[PDB]
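Chain letters run alphabetically, one per sequence line, in listed order. Note that chain A carries the PDB entry numbering, so the residues on display, from first to last, are 1-99. The PDB entry numbering applies to chain B: residues 1-99, in that order. These values consider heavy atoms only, across backbone and side chains, with no hydrogens, waters or symmetry-generated copies. Recorded method is X-ray crystallography, 1.8 Å. For ligands, and for the atoms within them, numbers begin at 1 and follow the listed sequence.
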Number of protein chains: 2
Amino acid sequence: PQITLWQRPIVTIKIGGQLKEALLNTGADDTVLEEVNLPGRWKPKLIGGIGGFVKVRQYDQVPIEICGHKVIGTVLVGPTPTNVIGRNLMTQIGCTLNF
Amino acid sequence: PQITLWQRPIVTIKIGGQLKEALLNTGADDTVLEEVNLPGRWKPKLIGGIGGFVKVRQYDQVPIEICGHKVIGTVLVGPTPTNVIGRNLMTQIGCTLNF
Ligand SMILES: CC(C)c1nc(CN(C)C(=O)N[C@H](C(=O)N[C@@H](Cc2ccccc2)C[C@H](O)[C@H](Cc2ccccc2)NC(=O)OCc2cncs2)C(C)C)cs1
């Protein structure tokens, strides 16, 4: 699709057997989601850093559907003020900025 | 242009007689820049919110050139870890997300 930016670009995703809402965020390197239970192995990752770091669980090669595009990528699971799709998954869906 | 998202979408802007670099950030409602001196009237604005608010100066109807597109919009001037072009100016340049 083509998404204009008059409102926040919130989209529906399908992950770990759930439908969630998340923000398409070109300002974020990584994808961070809260309250999803993902199977298999993970390793801890420190993110943020200003004022301290936040520890999250890094899951690799996660299948995720974003607007009906089935892709694979890293998902960080942990506390976040809002669910964020970052550049790592936007590249996978072939999402670009255009003007 | 078409900007892919494998790297951070940093672009050159012209503002307040200066060339600056800023991040095209679809996760940000507003545009926040530091170390720019803008003429005329402003009013304080509280932004952020998590852990406290940050006070910045809100300038309206500022002429700004973003990748050669001359546009007009609100610029918040104040401390920011990185210069951010938010949705308010992306709409002005006609910037969309596409996949
Ligand atoms: C909480 C939720 C309901 C939201 N609040 C908002 C309102 N706010 C505050 C903003 O629009 N904020 C803007 C902003 O930066 N956007 C933030 C929104 C936000 C708000 C509150 C708490 C946490 C994040 C989200 C932005 O993408 C920020 C801005 C930024 C980017 C790079 C470097 C420095 C700074 N950046 C990031 O999210 O980077 C985090 C990364 C994660 N993985 C790699 S980088 C301002 C700078 C203009 C939007 S969505």
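- Found at ligand 1 is the drug ritonavir.
- Taking the chain with most contacts, the partner of ritonavir (ligand 1) here is, per the PDB entry, HIV-1 protease.
- Going by heavy atoms, the other chains that come closer than 4.0 Å to ritonavir (ligand 1) are A, B.
- Around ritonavir (ligand 1), within 4.0 Å by heavy-atom distance, are found A:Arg8, A:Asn25, A:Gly27, A:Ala28, A:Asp29, A:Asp30, A:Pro81, A:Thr82, B:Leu23, B:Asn25, B:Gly27, B:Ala28, B:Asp29, B:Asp30, B:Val32, B:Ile50, B:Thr82.
- Proximity of atom 20 (C) of ritonavir (ligand 1) to the protein is not indicated, since no non-hydrogen protein atom lies closer than 4.0 angstrom.
- Any N or O atom pair closer than 3.5 Å counts here, and B:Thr82 shares no such pair with ritonavir (ligand 1).
- Polar contact with ritonavir (ligand 1): present for B:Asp29 (N/O pair, distance under 3.5 Å).
- According to the PDB, the organism given as the origin of chain A is Human immunodeficiency virus 1.
- For atom 3 (C) of ritonavir (ligand 1), the protein comes within 4.0 Å by at least one heavy atom.
- Checking atom 8 (N) of ritonavir (ligand 1) against the protein gives no heavy-atom contact under 4.0 Å.
- For atom 28 (C) of ritonavir (ligand 1), a protein non-hydrogen atom is found at a distance below 4.0 Å.
- Among protein heavy atoms, atom 39 (O) of ritonavir (ligand 1) sits closest to A:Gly27 O, 3.2 Å.
- Considering backbone and side-chain N/O atoms, B:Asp30 never comes within less than 3.5 Å of an N/O atom of ritonavir (ligand 1).
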Report all N/O contacts between ritonavir (ligand 1) and the protein shorter than 3.5 Å as a table of atom names and distances to 0.1 Å; if there are none, say 'none'.
unit_1: ritonavir (ligand 1); atom_1: 11 (O); unit_2: B:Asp29; atom_2: N; d: 2.8
unit_1: ritonavir (ligand 1); atom_1: 16 (N); unit_2: B:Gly27; atom_2: O; d: 3.3
unit_1: ritonavir (ligand 1); atom_1: 27 (O); unit_2: A:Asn25; atom_2: OD1; d: 2.8
unit_1: ritonavir (ligand 1); atom_1: 27 (O); unit_2: A:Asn25; atom_2: ND2; d: 2.9
unit_1: ritonavir (ligand 1); atom_1: 27 (O); unit_2: B:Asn25; atom_2: OD1; d: 3.0
unit_1: ritonavir (ligand 1); atom_1: 27 (O); unit_2: B:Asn25; atom_2: ND2; d: 3.0
unit_1: ritonavir (ligand 1); atom_1: 36 (N); unit_2: A:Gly27; atom_2: O; d: 3.4
unit_1: ritonavir (ligand 1); atom_1: 39 (O); unit_2: A:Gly27; atom_2: O; d: 3.2
unit_1: ritonavir (ligand 1); atom_1: 43 (N); unit_2: A:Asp29; atom_2: N; d: 3.3
unit_1: ritonavir (ligand 1); atom_1: 43 (N); unit_2: A:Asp30; atom_2: N; d: 3.1
unit_1: ritonavir (ligand 1); atom_1: 43 (N); unit_2: A:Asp30; atom_2: OD2; d: 3.4

